[PDB]
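All remarks here apply to the structure that follows.
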Amino acid sequence: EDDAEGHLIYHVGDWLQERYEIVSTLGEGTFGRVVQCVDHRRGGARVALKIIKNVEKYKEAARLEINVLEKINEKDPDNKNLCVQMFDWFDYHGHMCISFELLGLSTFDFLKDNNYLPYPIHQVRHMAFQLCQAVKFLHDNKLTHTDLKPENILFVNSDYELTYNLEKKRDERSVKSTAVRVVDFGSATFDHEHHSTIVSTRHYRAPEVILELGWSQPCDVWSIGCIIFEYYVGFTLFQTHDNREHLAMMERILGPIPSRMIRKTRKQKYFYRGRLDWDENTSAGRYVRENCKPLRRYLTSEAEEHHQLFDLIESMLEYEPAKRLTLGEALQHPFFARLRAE
Ligand SMILES: O=C(O)c1ccc2c(c1)nc(Nc1cccc(Cl)c1)c1ccncc12
């Protein structure tokens, strides 16, 4: 009973393994569909079931992800470290099905269903903290969630409040609680298993990955630095799909790539005479210089708390992966002082 592209054919009210009962669809992706379900063997707890196509490569992909979720569950027995919880998984007629705790909209969907209006800085703070907290729990267990984006950070609950802005004559949404979870472990890699060559989503991709210099945990921090910027202004920091433009935007926003990285990268067609081969006086050259600025010029306030957020973002968008801030040292960063510890 299969779709023309491999998906399960279901309707509201269908049952799965006479155990789950479909209520709604939450979304879809290339891999399959996520459905809201009631789980009558967990006393009617509401779950989110992921239904992946009959396609083998996805079936095998999910088996790897199921292993990562198994390990997360093994090393967070009290569900304190803010990665999504898998309650169950089963093979259903060639469809791999994973049972997750029910959460809300992503931090991206909310940001766009609010017209790409940034989150207020004190929300950026609790979101950034939880992000680092959860990705540090992975690093402390020899993992790299290879694919961090606002799409994969779910609000536990994205109920909000509407308020009218007298000042700016605008209807503003404000999510009530900022508890998040990190999701989508389909790409996470233990330290000891095989590493893909290219990982992450172009906009959140670290330069070491681009220059094929070898990657591990530090490349997540790069991602996190990009998501934080987006949380704070609404738009992605790097808006490209080409390597040389990408590498050129980084040089615009962060200054020149260090020579240690250049001389060592085998991607030498991007450089001439030790420097990035890029002519600012061209077609794409002045598209880059016009469409993004040095980092701290994106500051919307000289308040010291705002300078502390860009102090943070600057340390995660460091070129050299080992000069790059670690999540351990990030939970200790001055920017997170105003938070209440627990
Ligand atoms: O991959 C996971 O680990 C993963 C795990 C859980 C959820 C999820 C993705 N996506 C949700 N939303 C969503 C939104 C848009 C498209 C798609 Cl496919 C899904 C969702 C909602 C409520 N509860 C859990 C989830």
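Start at 1 with the first residue, then count along the sequence. Counting convention: from 1, in listed order, for ligands and their atoms alike. All heavy atoms count here, side chains included; hydrogens, waters and symmetry mates do not.
The drug placed at ligand 1 in this model is silmitasertib.
Taking the chain with most contacts, the partner of silmitasertib (ligand 1) here is, per UniProt, Dual specificity protein kinase CLK2.
Within chain A, the UniProt active-site residue with the least non-hydrogen distance to silmitasertib (ligand 1), rounded to 1 Å, is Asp147, 9 Å.
When the UniProt ATP-binding residues of chain A are filtered for a heavy atom under 4.0 Å from silmitasertib (ligand 1), what remains is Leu26, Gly27, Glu28, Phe31, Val34, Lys50.
Most of what chain A uses to contact silmitasertib (ligand 1) comes from UniProt domain Protein kinase. Per the entry, the source species of chain A is Homo sapiens.
The binding site of silmitasertib (ligand 1) (heavy atoms under 4.0 Å) is made of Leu26, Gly27, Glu28, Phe31, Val34, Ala48, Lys50, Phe100, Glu101, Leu102, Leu103, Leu154, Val183, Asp184.
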